[PDB]
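What follows is a deposited structure in which one can find mavacamten.
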Amino acid sequence: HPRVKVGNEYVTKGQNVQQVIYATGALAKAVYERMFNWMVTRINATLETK
Amino acid sequence: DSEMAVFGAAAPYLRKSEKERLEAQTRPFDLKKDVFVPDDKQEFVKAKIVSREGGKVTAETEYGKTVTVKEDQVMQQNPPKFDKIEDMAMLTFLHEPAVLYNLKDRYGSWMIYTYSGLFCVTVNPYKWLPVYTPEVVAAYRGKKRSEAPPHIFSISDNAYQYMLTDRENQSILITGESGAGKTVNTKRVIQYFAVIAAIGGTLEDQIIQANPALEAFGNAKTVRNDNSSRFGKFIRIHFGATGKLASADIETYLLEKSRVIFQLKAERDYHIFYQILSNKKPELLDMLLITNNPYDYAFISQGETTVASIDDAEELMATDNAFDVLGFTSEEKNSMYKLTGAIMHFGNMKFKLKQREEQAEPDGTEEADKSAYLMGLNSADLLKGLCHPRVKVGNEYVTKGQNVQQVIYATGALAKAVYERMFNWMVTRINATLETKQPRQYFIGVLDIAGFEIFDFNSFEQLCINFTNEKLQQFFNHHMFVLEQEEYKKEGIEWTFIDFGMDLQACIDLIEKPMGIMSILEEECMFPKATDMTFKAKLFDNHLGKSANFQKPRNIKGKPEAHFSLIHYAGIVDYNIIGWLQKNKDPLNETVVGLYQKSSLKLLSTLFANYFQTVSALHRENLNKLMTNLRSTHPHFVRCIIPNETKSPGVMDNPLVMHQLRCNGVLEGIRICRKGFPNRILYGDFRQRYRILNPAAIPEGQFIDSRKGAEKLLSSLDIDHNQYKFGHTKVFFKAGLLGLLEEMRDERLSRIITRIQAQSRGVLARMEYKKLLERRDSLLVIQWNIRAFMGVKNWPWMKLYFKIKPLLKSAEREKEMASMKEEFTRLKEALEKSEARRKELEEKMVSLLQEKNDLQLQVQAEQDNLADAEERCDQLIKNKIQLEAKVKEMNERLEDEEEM
Ligand SMILES: Nc1ncnc2c1ncn2[C@@H]1O[C@H](COP(=O)(O)OP(=O)(O)O)[C@@H](O)[C@H]1O
Ligand SMILES: CC(C)n1c(=O)cc(N[C@@H](C)c2ccccc2)[nH]c1=O
Ligand SMILES: [Mg+2]
């Protein structure tokens, strides 16, 4: 039941089993990819003897 | 009870006195002999067993009458220790007389509210209790159903507690026939949220006025009630993440628009008209051309025009202030008053047959002139458009000449439409105020449907309102008896399905389905030559021998003009078929609606802006939308029961009360609440909320499945384990456990916030203790300093030389040490901090040098973004050019096909 905004209040939508599977995939990807780019940004935050 | 003092003067009218507590233990009562027996004039009477004769029993009733009835129909009386209990789910013997007399003994002492387990029953006092002023609202703040005596404020706050805890929308579902009490309880809910939101501003007073502003335009005196809600209302009170009031939305479902033009004896039109007229307020009696008395306005003079329960002089001033508090400007308040004046004059327009055209014309126009002046319309254009309304057939428009008999209907429907949409706009404007654009996430939807009714003459509206009750009754039946056990099976609860017989799907289907009443109205309105006899004919052919609840009319009161009877849950209702096709089809005069859009009054144009979809279709889809939106919310039900037809306070008619107790399924609902598992928690929200009850049962920092965790925690609580069973995804509890768990949790939260305060005070006192000791030790050093001087006030050679400065190496060289060190150390500071500041600037220049170079590269990158964006727009325009050529050729060829 993801929350989506309609005006100032949020409404709730029921997801299908296939589309919740696809959404869990997308959450797995976007957590992984952000974790990688953050790891690079931390490498770029060391690697600096000023 | 000494704790009752918190309600002040309202306390005697909510809970029994201490004497009633002591009298209970002293009443003469025998559990084996005291029983209820049915009677003719009254459904049940107390009786005393006198003998036993095997399968036949004989007893003497409380009035000394002899009676004989078989043991299958005799019900044991409840012992006096359970008399007047605040929640009827806690009754020991549950049957028709136990609920009847439990309501009667409480109501005769003006204790009007009583719970019935998952829902609550309120009995119409007819005489006020000072139980609705500001002081009780503060007493109800944050109190739970276990603490505060039953009241509509208790249900309102309980819903608010759930709303914030579950982060789910809640509902308070008040139901009952006309005059039972749903509306006043609704107001009380609104005033509760407002006063709590202000004490716990402009918005809180605005919301308080949001009710009497609508109630003036939507309520009317009826045979059943003096201030009956002739329109169902759903009020969503929205709160922010922090829980403070943030907005309120009013939704309306079905205004009795016909009531604006027709009322039976012993009832009023809407209150707005008589409250405006009763004060004869010179500014309104000058703005509205209604200087006369109400007894000449045909629409509103019928029935009774005055009621003792309403101080009509004050209600006008209450609505004027209500609009002022809601920020209605002078043009808004004036426009809507003008509109009511127009509506009042609208009932006096007289029409007569033209001597040769067989067409209606207005006989008197002064009331129309007044109306059009108030509405900012043209009186001549209005009357011409009513006398010669244009109707359309697709794009072609044609003038139809109206007869007197159909114009009277058309004008009535016009009054209905103007009133209805003006009420809708007033709702949307109340939703335009109160809307603070602040964070919003959760709302409490309070439902007050138009109550179930049995007049001597019931029409299509009486069916729509009864259907609305029957749908919410089927919803109550479904949630308590069907969905409850269905979800037990879905959750795998070891439970055996109980059939209570509380089902109305068959009669709802008889109305809704593509063979039901509503589909017949939906097609018979299309046939231009359909008639009341054609509809009645198809209705009979479709239902006689095909519907168990559709029956021949009884016509016990004579007048067999056209009738049938319907077995509603709440009783046999006789419906008159005349006019239902017109009432459903809603034929509006397209000219007057077009003039309303064209009105010089900004309001009247707003009412009809953005003006197949019959009222039965709109209502059925609106109500299915409502109940779908409501199944997605946590419901609390409130059963309003009217105790007496003669409106006498304290008087109670046992057969009429029992009829409603039966039809609302209160007994069945208790049967399921006592036997079944009404309380249910998701394993995750259970863990999240009640982990505070035993953090050691669910140790964090380690994984534990939701199911076994809830198993260990609830096993650790030491409560009676026979009270719960576990589902596939929710835990399930007996009727009385959840209240005890919230009592337990708030007791623990009190214990803990006081023990964290034990820690807060303990370490804050440690901070104070250590600061005092170190500061006093320094003071002891200061004391050593002065003690040392008095020790030094002895006479040595040094006393003379040290105090005065003549000594060269000691005073002079130490002065050089102190002066040189003073200079060095001050500069030392300055130099170290300066050196750091120079480094800091270097570090800033190094980083700025990187940022300036990256920005120089970035301006080239941005210029590339500009080239990208410009070429994107350029190709979109070129493609649009070719696409326009495509649609040019297509629409041309479509027109050529239309010509050929
Ligand atoms: N709780 C109450 N306190 C005082 N009067 C009440 C109460 N309930 C009903 N009434 C009586 O009826 C009216 C309010 O009832 P209401 O809730 O509007 O009934 P319904 O909602 O069934 O139309 C008042 O005018 C009064 O005559
Ligand atoms: C079935 C219904 C009455 N219900 C519950 O039985 C419990 C709910 N939520 C839990 C978490 C809670 C318990 C007590 C007060 C607030 C919240 N929600 C619910 O919807
Ligand atoms: Mg009402």
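Order of the sequence lines fixes the chain letters, A, B, ..., with proteins taken first and strands second; residue numbering starts at 1 for each chain. So how was this one determined? The header says electron microscopy, 3.7 Å. In listed order, ligands and their atoms are each counted from 1. Only a selected region of the deposited structure appears here, and contacts were counted within that region alone.
The location of mavacamten, copies and all, is ligand 2. Counting heavy-atom pairs under 4.5 Å, the chain with the most contacts to mavacamten is listed in UniProt as Myosin-7.
For mavacamten, the other chains with a heavy atom below 4.0 Å are labelled B. Residues of chain B contacting mavacamten are mostly from the UniProt domain Myosin motor.
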